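What follows is a set of notes on a single structure, which appears directly below.
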Amino acid sequence: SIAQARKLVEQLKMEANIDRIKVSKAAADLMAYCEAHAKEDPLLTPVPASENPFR
Amino acid sequence: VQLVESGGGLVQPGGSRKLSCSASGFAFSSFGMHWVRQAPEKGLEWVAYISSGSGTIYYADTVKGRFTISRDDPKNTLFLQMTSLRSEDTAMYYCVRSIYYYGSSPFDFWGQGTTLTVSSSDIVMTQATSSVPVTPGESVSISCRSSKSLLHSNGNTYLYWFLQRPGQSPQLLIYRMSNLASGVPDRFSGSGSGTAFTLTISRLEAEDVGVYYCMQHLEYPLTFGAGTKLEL
Amino acid sequence: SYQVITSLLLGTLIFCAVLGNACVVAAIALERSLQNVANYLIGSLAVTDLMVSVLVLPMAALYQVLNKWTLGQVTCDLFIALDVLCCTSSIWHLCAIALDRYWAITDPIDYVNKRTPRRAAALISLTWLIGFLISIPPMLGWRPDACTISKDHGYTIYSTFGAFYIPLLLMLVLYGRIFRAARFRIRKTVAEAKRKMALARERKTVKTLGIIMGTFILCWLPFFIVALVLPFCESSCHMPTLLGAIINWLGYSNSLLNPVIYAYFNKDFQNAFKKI
Amino acid sequence: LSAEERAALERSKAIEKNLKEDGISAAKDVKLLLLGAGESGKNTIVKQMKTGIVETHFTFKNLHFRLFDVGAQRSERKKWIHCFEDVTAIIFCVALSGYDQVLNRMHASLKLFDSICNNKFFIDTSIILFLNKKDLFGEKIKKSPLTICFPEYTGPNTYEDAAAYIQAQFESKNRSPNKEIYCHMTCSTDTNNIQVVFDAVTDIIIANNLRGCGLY
Amino acid sequence: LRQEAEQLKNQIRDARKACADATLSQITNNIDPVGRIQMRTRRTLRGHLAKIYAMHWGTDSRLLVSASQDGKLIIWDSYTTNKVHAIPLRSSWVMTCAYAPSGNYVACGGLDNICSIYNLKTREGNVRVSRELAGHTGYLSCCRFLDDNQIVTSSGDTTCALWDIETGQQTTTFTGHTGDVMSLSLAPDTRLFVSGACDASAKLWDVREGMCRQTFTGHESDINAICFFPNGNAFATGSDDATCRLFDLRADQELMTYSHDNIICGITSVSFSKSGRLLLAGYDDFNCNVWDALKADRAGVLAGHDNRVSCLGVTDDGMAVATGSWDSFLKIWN
Ligand SMILES: CC(C)CCC[C@@H](C)[C@H]1CC[C@H]2[C@@H]3CC=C4C[C@@H](O)CC[C@]4(C)[C@H]3CC[C@]12C
Ligand SMILES: CC(C)CCC[C@@H](C)[C@H]1CC[C@H]2[C@@H]3CC=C4C[C@@H](O)CC[C@]4(C)[C@H]3CC[C@]12C
Ligand SMILES: O=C1CC2(CCCC2)CC(=O)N1CCCCN1CCN(c2ncccn2)CC1
């Protein structure tokens, strides 16, 4: 199938045309978000029963 | 969505009549239904309540035992059988649509009403302001008082704001304090805390002229304020 | 001591019965895969046998151990009524389970359509109603150191036929019909491995009906043969104490063994006990 | 509770009552998963009983059947096959006159039947096997032998023996003592396949009830 | 052209390997592991009489919609456990349900190949079907509202679609998956969404352009569940190979693998905590397992369902977790 092959090849071409950061920077960003929002995560730190809407 | 009441007219004192309301255009069986009356010169006075499914019925303490509320869900009709019709029972009786679930807006649609003419612990809702003078484009803050904190431990404040424009039915503005009703422009606003509440009209037009009513819905002795008339 | 060993055996039997039926009830309440009409009947039989094991078996054990009725007489009649009520109710739960199974097996359309937990409640109510209908006349006008059921001939017939012999006839008829229906289903089912499986199903049906009916019979039939013969053979027949007590406790052992037949042999109950 | 909270609770209770009533009504349904491969007699038996999923609702002898047709789901079957884990029976359609056709048709249906039989969600689900177009099969079996499909047949080329061999090959993949395969021969002119389904469903219910009592 | 495709794939994997300097596990060995997430069933939502395939939390973190095979779409007041709405579905074969962020609409769909849009706020007090979105030739496995007028759906026809609810038409079709698509997760900015499919691949789609920006292939079995990380720069998939994976959008590579040897069943649902440090996955083994997203440690277990946990959602305020399962129950956890 010419059409399927050309579509897949072009799709892979635009796949490769993606700027990729280092995985170290991705992990650093993941930490930055996780500890930058840990104090507002009730599942990570359970809220006091007074502020817990499911008591 | 319409609610058409029938019945009414002149009735001898101590007599009996049965008001009905022929609902159409909405899921009548799923709405709780009220009667709210209004003497020809006085404010709104809640009569009775029949919940959706008829499992819960409430009456005004001044009518309990005398009046009887019933609904015909297959017929989409709400009834008010009246017995021993006193002189105090002369009023325009409004059939009020009302549904109750999380986030619902009770008292959102009101019927046109019928006039019944008779010949010869409840929370006090106070709005002393009356005949407030207004001009178009100005900001007015209608005040309201409650004898008991309308705020519940769930966080809701059960105060309602209705606009009784001249010659037509009351229309919901703010259903639970600071909640704007559908179809109401966001120049009306509700605010308050505890027992004191204010209805703010940011830039009032000539249509905003009418009588503005409080209503608590916390305990279920539904009481209205003495209407705060706004006039040009 | 000869009294202490008897007390120990009877107490262990009572504890095992209480534990078995309490565990059946707990399994039904704590697992909703067991909350269906058939298991409602099974757990109501467990409830009835728990009532036996906690309100009759301790008192009957004390009566056996002390060889006398150390209590009063109104309480003697009360506990005889409890005994008759609860044992009749257990036997008629066996009958209700048989009837429910018979309807499930011979009336699948009713099983899908009309069979509801309300029918299980009705069956339980009927078993308890028969229990009262058998246990009230002795307290009414159809009646120390000896607490015995009314040996009146008419009441003897009415309480042995209505509590065992009519139930035995019903269970025999219902489970024979169930046997024929199961056999017909197996022959409808019936390369030769299918024939071997039909044979295995045949023996499984035989073994299951044997366990059910044989446990019921070998537990209660000796008691009811004695309880029907002796009131008419008062002087001509003498009951040895050892044989009489063993015969009396065979039915209580039925109250012990009903959870085994109907619950602990059930695959669903076994899985629900594994989960708990 | 507030007055509004009380009325919301009342509405929730009315909703729960309606849900309970609807579930009671739905528990009386005999749910049947209809399966097959294209040119089989799936549509024929649907017409005889009488978008991505087609539901056929019919009542026969006071028993209401919900027949679920998933033919138009040209997807990964395993991703939605568990949606019918609780059917009373699978109604599987095989074209008898598909041994001499290729698109091999009978091997395709045979592999599909194997996958459905031995699927983990259908280990104890009985199957009402329909062998459709038995007249077309009889017309094609006098001319073409049952050797294109089955080389190891080594049997007579008559209609009865060839159809029985096909049915045996289809039943051979059960590999389960709990579930049964109810096989029937249909010709698209017969009007008793509703009765065949009803009889098989009653046998399934009876066998399950016996299995509960320990008598099966 | 197959040779060119193979060369391009080799180039893509080499570019991913080049950027794979330090693994997420290696970098996160110096952060404090969360001790034990011992959440407890605060509420049990009873009323569904069949298997629950989908739940979705409201943005108010109090209302939630659940979809069950009983033909009912139930909206719950998760605080009071009240039933707000019981929506009866025309097709009972529902496998997805979405709650509009405005709260005015819910969507559902399944084997009918339709995304049905339900108006929760009509003048009449009933919930009715505003729009039936037809055009998928396979079952709908997920749907998510972009807003009141836009919804993105995934289908077993290997495609995702973006719909204009008012016109009912596919604004965009998202082709490129070779297997059936099980799940969608919208990005927080809703400019782009990820979809996992049965080809064991997750594809990143640009909603406006309609093109597959990135493709993520780490799983060896069907991806049943996909979820964006709270910042929208990463997402987590859950597949039938008993493993969850975290993929970075910018790194275009798998970061973390969430698997335990004693877990062999597939994964039905994934969700993140509000901070994103917890990855909550629902399994076939009847229980939800809580994962330290940064460290791939089982921080907790949400045992409490008697059948396969088919769906789960974390509230937007992060307060609670709901778990729906095949045992017909929704459990709110804290
Ligand atoms: C008081 C206690 C001892 C009563 C217990 C009675 C038990 C042990 C006896 C009574 C009836 C007997 C069963 C009668 C019928 C059969 C069917 C046969 O194919 C296998 C043996 C089997 C299953 C017997 C097993 C033992 C059995 C169940
Ligand atoms: C599992 C069951 C069937 C095992 C059998 C239990 C029953 C039948 C047996 C076990 C212990 C036995 C008891 C042991 C002690 C005595 C005291 C003796 O003075 C009279 C008999 C009597 C009262 C026996 C009655 C029968 C008995 C209760
Ligand atoms: O041990 C006791 C003591 C009691 C009083 C306390 C507990 C019992 C009194 C007593 O007699 N016996 C000896 C055994 C009686 C056995 N039970 C079996 C059930 N019965 C029955 N069931 C249906 C129909 C008719 N009778 C009555 C006899």
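Each chain gets a letter, A, B and so on, in the order its sequence line appears, and its residues count up from 1. Note: hydrogens, waters and symmetry copies are ignored here, and every other heavy atom, side chains too, is used. According to its header, the structure was obtained by electron microscopy, 2.5 Å. Indexing begins at 1, ligand by ligand and atom by atom, following the structure's order.
Sitting at ligand 3 is the drug buspirone.
Bound to buspirone (ligand 3) with the largest number of contacts is the chain that UniProt calls 5-hydroxytryptamine receptor 1A. Other chains with one or more heavy atoms under 4.0 Å from any atom of buspirone (ligand 3): C. Between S159(C) and buspirone (ligand 3) there is a heavy-atom distance shorter than 4.0 Å.
With a cut-off of 4.0 Å on heavy-atom distance, the UniProt-listed serotonin-binding residues of chain C close to buspirone (ligand 3) are: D83(C), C87(C). Those atoms of buspirone (ligand 3) with a heavy atom of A163(C) less than 4.0 angstrom away are 23 (C), 24 (C).
Close approach of buspirone (ligand 3) to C87(C) (heavy-atom distance below 4.0 Å) involves ligand atoms 19 (C), 22 (N). Heavy atoms of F224(C) found under 4.0 angstrom from buspirone (ligand 3) belong exclusively to the side chain. In the candidate list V84(C), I134(C), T160(C), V84(C) is nearest to atom 20 (N) of buspirone (ligand 3), counting heavy atoms. The ligand atoms of buspirone (ligand 3) that sit less than 4.0 angstrom from a heavy atom of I149(C) are 25 (C), 26 (N). Contacts between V56(C) and buspirone (ligand 3), counted as non-hydrogen atom pairs separated by less than 4.0 Å, involve both the backbone and the side chain. Residue contact annotation: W249(C) has no non-hydrogen atom under 4.0 Å from buspirone (ligand 3). Taking a 4.0 Å cut-off on heavy atoms, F164(C) fails to register as neighbouring buspirone (ligand 3).
For the pair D83(C) and buspirone (ligand 3), the shortest N or O to N or O distance falls below 3.5 Å.
With a heavy-atom cut-off of 4.0 Å from buspirone (ligand 3), the UniProt transmembrane segments of chain C in contact, counted from the N terminus, are numbers 2, 3, 5, 6, 7. Defined by non-hydrogen atoms within 4.0 Å, the binding site of buspirone (ligand 3) is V56(C), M59(C), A60(C), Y63(C), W69(C), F79(C), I80(C), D83(C), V84(C), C87(C), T88(C), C147(C), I149(C), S159(C), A163(C), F223(C), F224(C), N248(C), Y252(C).
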